[PDB]
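The alphabet sets the chain names here, A first, running in the order the sequence lines are given. Chain A is numbered as in the PDB entry, which gives 10-125 for the residues shown. Using the numbering of the PDB entry, the residues shown for chain B are 10-125, in order. Heads up, chain C uses the PDB entry numbers, so what you see runs 10-125. Just so it is clear, chain D uses the PDB entry numbers, and the residues here are 10-125, in order. Hydrogens, waters and symmetry mates are skipped; everything else that's a heavy atom, side chains included, is used. Just so you know, ligand 1 is whichever comes first in the structure, and atom 1 is the first atom listed for that ligand.
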Number of protein chains: 4
Amino acid sequence: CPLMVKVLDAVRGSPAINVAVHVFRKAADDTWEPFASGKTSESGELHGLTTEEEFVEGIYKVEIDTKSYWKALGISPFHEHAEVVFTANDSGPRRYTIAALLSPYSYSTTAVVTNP
Amino acid sequence: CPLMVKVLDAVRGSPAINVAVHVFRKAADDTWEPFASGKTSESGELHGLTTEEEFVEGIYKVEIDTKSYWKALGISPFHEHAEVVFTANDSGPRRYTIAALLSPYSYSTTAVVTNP
Amino acid sequence: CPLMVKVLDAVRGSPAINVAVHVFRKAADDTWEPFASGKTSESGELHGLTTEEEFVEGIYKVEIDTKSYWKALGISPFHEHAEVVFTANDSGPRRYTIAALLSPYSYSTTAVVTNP
Amino acid sequence: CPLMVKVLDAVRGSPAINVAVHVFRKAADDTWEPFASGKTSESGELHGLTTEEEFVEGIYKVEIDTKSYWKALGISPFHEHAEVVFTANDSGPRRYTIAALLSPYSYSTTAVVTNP
Ligand SMILES: Cc1c(Cl)cccc1Nc1ncccc1C(=O)O
Ligand SMILES: Cc1c(Cl)cccc1Nc1ncccc1C(=O)O
Ligand code: NA
Ligand code: NA
């Protein structure tokens, strides 16, 4: 699998567990079409979203449902969700990790792109 | 000025100047309607986007055009843009500062919310 | 004011008020000598730490007393403090803003450096 | 091993490879005594720094030698190093991951503390 998502909690110092993640691919008419989805594991990670054959070049959006995560902890958050929008490019390294670090009023996101 | 956007560059240690910003508001049919737009000044700040009268309750999306910023400086970055999606004014009028700190493969965003 | 410190709270979406800050400068025997100190105001900012005359070339350490900040709000955080260590004025006088964004188990820090 | 260090590069979107890391423990006279050290691997990770028997409660400092990392890439950085100072506590979960995300003029750090 060429795409993994990892989510961390900056308030508790822990993985962010059971967070819903939705991935979309941009269609030719500029709409966002559902591509893959899941929930983070006990390690904060979501594996197996796609395959090499399916993950062709194009623009993708990863939506992390942060508002529901904070509400289940009893904490009032700012954002509706965190959105990560990027182009997949076959020239570059082949494995994409999209990571996010969550606080109630802030988030940080980075990409780690590597070649096995 | 109940909505201000501030952008910093983590590579240069400077304000991020001339960054385009587009704000949208979710309409009653669930589409994103254009609401306001502008670009950051020499201080990295974008003022004057809206007014207390026009900035009603709603779900707003602040799109910060990070790719165009980096490409103008000769850098091929990861993200298409940074998107900040939040509900505003649901407990009455507030003042919002949306800030972002930019790197080629990462960004952080936070909100400062005050009650005038 | 060639040195300013700004601190934000990522849990509340607000300035971090009443945060103690201690600045040190490395001496010719390699020890950290006390240089200046203060606390952040209602805006999260600490002004007036030093002057253009006293802020000579050197290696400086800005210690932001994050643990004491969180403990006063009822939160047991991870870090003792946040430390920012940098060489200043090695190409002539500059103005430095040291900013930090705080969560219980995380912090981000960045510098804005300008030439007056 | 109860302590792991992980370092990421926000400019290149990659692990930060071959970064020197030094760990110190605070002594009774308030000085910092060398405890363990190493260099990050090709995955940006440094394993095997200590053992359960040796990693007793106390105050520790993790110094990440970011300045040398950026200089070897040809990039002028701001900080001398990144410093992470924290108390180890036997009550909490048993495995500490200290992670840092590096840019030339900024860094973010978080702790992930979990129980096997
Ligand atoms: C310091 C910082 C980090 Cl580390 C990350 C994101 C924004 C900021 N800065 C701000 N964020 C919100 C409002 C104001 C600022 C500022 O730096 O003036
Ligand atoms: C340490 C950190 C910060 Cl400070 C901010 C955002 C992500 C991370 N962590 C990661 N980011 C990307 C890929 C992996 C990780 C990780 O911590 O395993
Ligand atoms: Na309401
Ligand atoms: Na010089």
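Of the chains in this structure, the chief binding partner of ligand 2 is, as UniProt puts it, Transthyretin.
Notes: drug at ligand 2 recorded as clonixin.
For clonixin (ligand 2), the other chains with a heavy atom below 4.0 Å are labelled A, D.
Close approach of clonixin (ligand 2) to A/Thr119 (heavy-atom distance below 4.0 Å) involves ligand atoms 11 (N), 12 (C). Those atoms of clonixin (ligand 2) that come under 4.0 Å of a heavy atom in A/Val121, given as number and element, are 12 (C), 13 (C). Listed by atom number, the atoms of clonixin (ligand 2) under 4.0 Å from D/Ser117 heavy atoms are 4 (Cl). Heavy atoms of A/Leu17 come nearer than 4.0 angstrom to clonixin (ligand 2) in at least one pair. The N/O atoms of A/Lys15, backbone and side chain alike, include one that comes under 3.5 Å of an N/O atom in clonixin (ligand 2). The L-thyroxine-binding residues of chain D named by UniProt that have a heavy atom under 4.0 Å from clonixin (ligand 2) are exactly: D/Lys15, D/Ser117. In terms of protein heavy-atom proximity, atom 6 (C) of clonixin (ligand 2) is nearest to A/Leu110 CB, 3.9 Å. The closest protein non-hydrogen atom to atom 1 (C) of clonixin (ligand 2) is D/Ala108 CB, 3.1 Å. Lab note: binding site of clonixin (ligand 2), heavy atoms under 4.0 Å, is A/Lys15, A/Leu17, A/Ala108, A/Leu110, A/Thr119, A/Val121, D/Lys15, D/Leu17, D/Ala108, D/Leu110, D/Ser117, D/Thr118, D/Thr119.
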